[PDB]
Amino acid sequence: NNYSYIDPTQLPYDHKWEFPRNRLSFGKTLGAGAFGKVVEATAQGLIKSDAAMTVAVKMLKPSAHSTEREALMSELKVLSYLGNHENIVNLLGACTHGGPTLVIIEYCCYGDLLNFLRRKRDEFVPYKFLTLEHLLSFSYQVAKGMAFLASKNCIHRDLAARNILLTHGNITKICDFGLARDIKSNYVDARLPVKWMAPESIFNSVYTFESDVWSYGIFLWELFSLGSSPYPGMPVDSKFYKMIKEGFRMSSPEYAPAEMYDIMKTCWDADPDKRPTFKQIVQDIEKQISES
Ligand SMILES: Cn1cc(-c2cc3c(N4CCN(c5ncc([C@@](C)(N)c6ccc(F)cc6)cn5)CC4)ncnn3c2)cn1
């Protein structure tokens with residue numbers, strides 16, 4: 001074996017990302033968990049030497065096991081190897097010298113798309129405030145980012161509206177690459193997002209390009225239901241797993257177009273080989289928007 005796939009996590013950390021820790025001033029906490037948190041912060045001199053810049057900083061608590069500490073470094077290396085993309089919460093810098101590792105990423109002023117839809121749900125119109133054309137753009141942008149991930153042999157493993165952020169110009173970005181993996185055939189694997197997971201992920205812990213496509217289909221349902229929870233009225237229990245295995249699927253949300261719901265049904269196919277690729281999803285949605 002003289003040819004091998006270059007493992008992004010095995011590559012050395014590039015010190016081009018290194019940013020002085022004392023030049024960050026922390027603000028409100030954006031997200032919190034048992035392992036760590038993400039805070040809004042001000043970076044002085046990050047892009048321009050004399051200009052302060054609003055950023056988000058992902059950090060672990062000192063009471064963190066070594067597996068979580070290297071998971072944060074692995075996410076940092078994935079984001080650097082992946083490269084910049086418009087539909088990704090892009091890496092801006094890192095603070096690895098001595099102190100606790102800090103990962104500086106883009107700040108999205110509007111927050112997660114799930115909470116955004118629930119705010120705008122009361123004042124939504126299909127045609128003339130959130131509109132239908134916004135929903136089509138959001139599904140198109142997230143598909144491009146996922147297609148970009150899949151084009152780098154990478155899976156996200158936690159695709160959902162809560163992990164899609166909105167920023168200026170109605171640009172959506174995929175965030176939280178903590179569970180992102182480089183598949184090169186599939187990846188086999190904590191609390192899991194069962195209602196977004198493909199059946200093969202629930203039953204055999206297998207994660208693929210196709211399992212991301214399943215989660216994308218669940219995301220489209222979140223999108224066109226104006227932020228409702230998936231499988232409403234069904235708790236994650238023994239009956240839930242049985243109905244999924246047998247072929248139960250959510251019906252079309254109220255505002256979903258027929259060709260958008262058609263994508264959801266192909267995303268939710270029991271056979272992964274019959275699920276569409278993200279590249280196919282982009283062209284389908286792209287044709288839709290021009291015809292719109
Ligand atoms: C008006 N408004 C604006 C925002 C907003 C919110 C973000 C954001 N996210 C915040 C939420 N996220 C996130 N991710 C991972 C975790 C953890 C708990 N699992 C974690 C944390 C650290 C760690 F070391 C390991 C795990 C928590 N929270 C994703 C990023 N990023 C950028 N801008 N932004 C802007 C929210 N309201």
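Position 1 is the first residue of the sequence; numbering continues from there. Determined via X-ray crystallography, 2.4 Å. When a ligand or atom number is given, it counts from 1 through the structure's own listing order. Side-chain atoms are counted along with the backbone in the values below, which use heavy atoms only and exclude waters and symmetry mates.
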I keep wondering what the drug at ligand 1 is called. avapritinib
Name the main binding partner of avapritinib (ligand 1) here according to the PDB entry. Mast/stem cell growth factor receptor Kit
Discussion item. Can you help me find the covalent attachment of avapritinib (ligand 1)? I need the residue and the atom.
Written reply: none
Checklist entry - Where on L60 is there a heavy atom closer than 4.0 Å to avapritinib (ligand 1), on the side chain, on the backbone, on both, or on neither? => result both
Is there any N or O on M59 that sits under 3.5 Å from an N or O of avapritinib (ligand 1)? no
- Can you figure out which of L30, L166, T29, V89 has its heavy atom closest to atom 10 (C) of avapritinib (ligand 1)? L30
key: Atoms of avapritinib (ligand 1) close to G36 [distance to a heavy atom under 4.0 angstrom, numbered from 1]   = 18 (C), 21 (C), 22 (C)
- prompt: Taking heavy atoms and a distance under 4.0 Å, where does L165 meet avapritinib (ligand 1): side chain, backbone, both or neither?
  reply: side chain
Checklist entry - Which residues in chain A does UniProt mark as Mg(2+)-binding that also have a heavy atom less than 4.0 Å from avapritinib (ligand 1)? => result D176
Heavy-atom proximity to atom 3 (C) of avapritinib (ligand 1), best of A56, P100, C175, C108: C108
UniProt domain of chain A touching avapritinib (ligand 1) most: Protein kinase
- Query: Relative to avapritinib (ligand 1), which UniProt active-site residue of chain A is closest, and what is the heavy-atom distance rounded to 1 Å?
  - Reply: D158, 8 Å
ask   = Where's the contact between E106 and avapritinib (ligand 1), heavy-atom distance under 4.0 Å: side chain, backbone, both or neither?
value = backbone
Inset, instruction - Work out whether the distance between some heavy atom of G178 and some atom of avapritinib (ligand 1) is less than 4.0 Å. - result: no
Exercise. Which residues form the binding site of avapritinib (ligand 1) (heavy atoms under 4.0 Å)?
Worked result: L30, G31, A32, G33, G36, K37, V38, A56, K58, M59, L60, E106, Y107, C108, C109, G111, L165, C175, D176
